[PDB]
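Reading through the structure tokens given below for one structure.
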2 protein chains.
Amino acid sequence: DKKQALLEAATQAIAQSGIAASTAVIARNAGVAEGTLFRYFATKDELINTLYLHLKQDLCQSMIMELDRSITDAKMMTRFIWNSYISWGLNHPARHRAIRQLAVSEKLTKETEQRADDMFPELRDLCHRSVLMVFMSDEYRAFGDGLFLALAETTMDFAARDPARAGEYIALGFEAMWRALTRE
Amino acid sequence: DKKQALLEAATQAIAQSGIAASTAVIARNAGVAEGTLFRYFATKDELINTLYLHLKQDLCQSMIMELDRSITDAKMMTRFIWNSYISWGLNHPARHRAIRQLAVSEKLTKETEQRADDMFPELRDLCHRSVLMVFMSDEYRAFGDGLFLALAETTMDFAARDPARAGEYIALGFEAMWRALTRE
Ligand SMILES: C[C@H](CCC(=O)O)[C@H]1CC[C@H]2[C@@H]3[C@H](O)C[C@@H]4C[C@H](O)CC[C@]4(C)[C@H]3CC[C@]12C
Ligand SMILES: C[C@H](CCC(=O)O)[C@H]1CC[C@H]2[C@@H]3[C@H](O)C[C@@H]4C[C@H](O)CC[C@]4(C)[C@H]3CC[C@]12C
């Protein structure tokens, strides 16, 4: 209960304010004592990592349910994964806004990145993963994650504002993302 | 004086708040009466269009000064234009933030788009323009402008936060933009 309420309140606050959002704000919006928040997350760094994992789990659970694992072709599988990301963020704009800030925050621990993958094996190799961002040195993976998230946010913005052409924006954004972030 | 002060104050407000920013806020921050602001811009729509042109002039004046017109190769010329855009936005983050919101606002008049080009012929054909976004139907030009601006903002974000690798981010972002938004 209170853990879920705190994570939901942290999601809204960071979506609105960035990793800077105050624990006090988060605690009151969750209707708990700030000391109670520290019982769940002793530090802002811990809240960042725990919240990132929470949102990442939610997102990937969404992707798992839309995925058809017959599909082996990487581009097609990647299109489906994109479309599920755009859907997720249109359904949950604060989750997207929060995860975008978390993803590029530089407070994510190697432990946490590790923890993400271990929690959804299905994504590792029911796609055969990647071609996406393989060309980049390790140091620039964060930047490529930022580029992906930038493209996706724009695609969301336009689809939300002009729903009659949502599929068109999604398809154009996909093609942009894929050309940006792959090599043949 | 007062026109320039109002345009500067509108730039900060929209960068912070979006096309929604209030004229009252803009007028006080410019230290003029709100009725005085209406003498310069009778409507928020007019302020949007006049401000967009103001920022667009500033940006393109920057580009004109960095441009070497010996360069005929479109990709190289486009790289230079990108690098000058990234520089401009790092030098003037509110100008970038404001122009990004204006560019996609749907309040820009055909008259204004017309007015932009007429004001800088040098950009029309000392580059031979485009290859950029030529593939898109007219209805999606705004979306492609949004994609460009999304890529550029990210490239700025990373260059500002990690100046030691600024050129690297700029070059990677360029290549992403160019692959997204051209076809051979
Ligand atoms: C699951 C697929 C990999 C499969 C493929 O390339 O086909 C990942 C490839 C790019 C990732 C996304 C990309 O790295 C940007 C974000 C990074 C953030 O840490 C997680 C959410 C992200 C939005 C993330 C979610 C997982 C995908 C969408
Ligand atoms: C001047 C060059 C065209 C030349 C070329 O393709 O080599 C334009 C191609 C893309 C444009 C940019 C792109 O359309 C996105 C923004 C749109 C906004 O209305 C003006 C600023 C913009 C940031 C704009 C400024 C002019 C360039 C940078």
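One letter per chain, A onward, in the order of the sequence lines. By the PDB entry numbering, chain A shows 8-191, in order. Since chain B takes its numbers from the PDB entry, the residues it shows come out as 8-191. Note that ligands are numbered from 1 as they come in the structure, with each ligand's atoms numbered from 1 the same way.
The molecule at ligand 2 is the drug chenodeoxycholic acid. Counting heavy-atom pairs under 4.5 Å, the chain with the most contacts to chenodeoxycholic acid (ligand 2) is listed in the PDB entry as Regulatory protein. The chains other than those of the drug that have a heavy atom under 4.0 Å from chenodeoxycholic acid (ligand 2) are B. Binding site of chenodeoxycholic acid (ligand 2), heavy atoms within 4.0 Å: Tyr59(B), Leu66(B), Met70(B), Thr85(B), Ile88(B), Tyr92(B), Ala110(B), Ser137(B), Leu139(B), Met140(B), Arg148(B), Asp152(B), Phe155(B), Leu156(B). Scanning all protein heavy atoms for the shortest distance to atom 11 (C) of chenodeoxycholic acid (ligand 2) gives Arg148(B) NH2, 4.4 Å.
For atom 8 (C) of chenodeoxycholic acid (ligand 2), no protein heavy-atom neighbour is found at a distance under 4.0 Å.
Shortest contact from atom 27 (C) of chenodeoxycholic acid (ligand 2) to any protein heavy atom: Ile88(B) CG2, 4.6 Å. Of the protein's non-hydrogen atoms, the one nearest atom 10 (C) of chenodeoxycholic acid (ligand 2) is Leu139(B) CD2, 3.8 Å. Counting atoms of chenodeoxycholic acid (ligand 2) from 1 in the listed order, those under 4.0 Å from a heavy atom of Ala110(B) are 18 (C), 19 (O).
Looking at atom 25 (C) of chenodeoxycholic acid (ligand 2), its nearest protein heavy atom turns out to be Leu66(B) CD2, 4.0 Å.
Protein heavy atoms come within 4.0 Å of atom 5 (C) of chenodeoxycholic acid (ligand 2). The nearest heavy-atom contact from the protein to atom 19 (O) of chenodeoxycholic acid (ligand 2) is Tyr59(B) OH, 2.6 Å. Residue, atom and distance of the protein heavy atom nearest to atom 23 (C) of chenodeoxycholic acid (ligand 2) are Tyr92(B) CE1, 3.5 Å.
At a distance under 4.0 Å, a protein heavy atom can be found next to atom 15 (C) of chenodeoxycholic acid (ligand 2). The shortest contact between atom 13 (C) of chenodeoxycholic acid (ligand 2) and any protein heavy atom is with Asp152(B) OD1, 3.7 Å.
For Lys63(B), no nitrogen or oxygen atom sits less than 3.5 Å from a nitrogen or oxygen atom of chenodeoxycholic acid (ligand 2), counting backbone and side chain alike.
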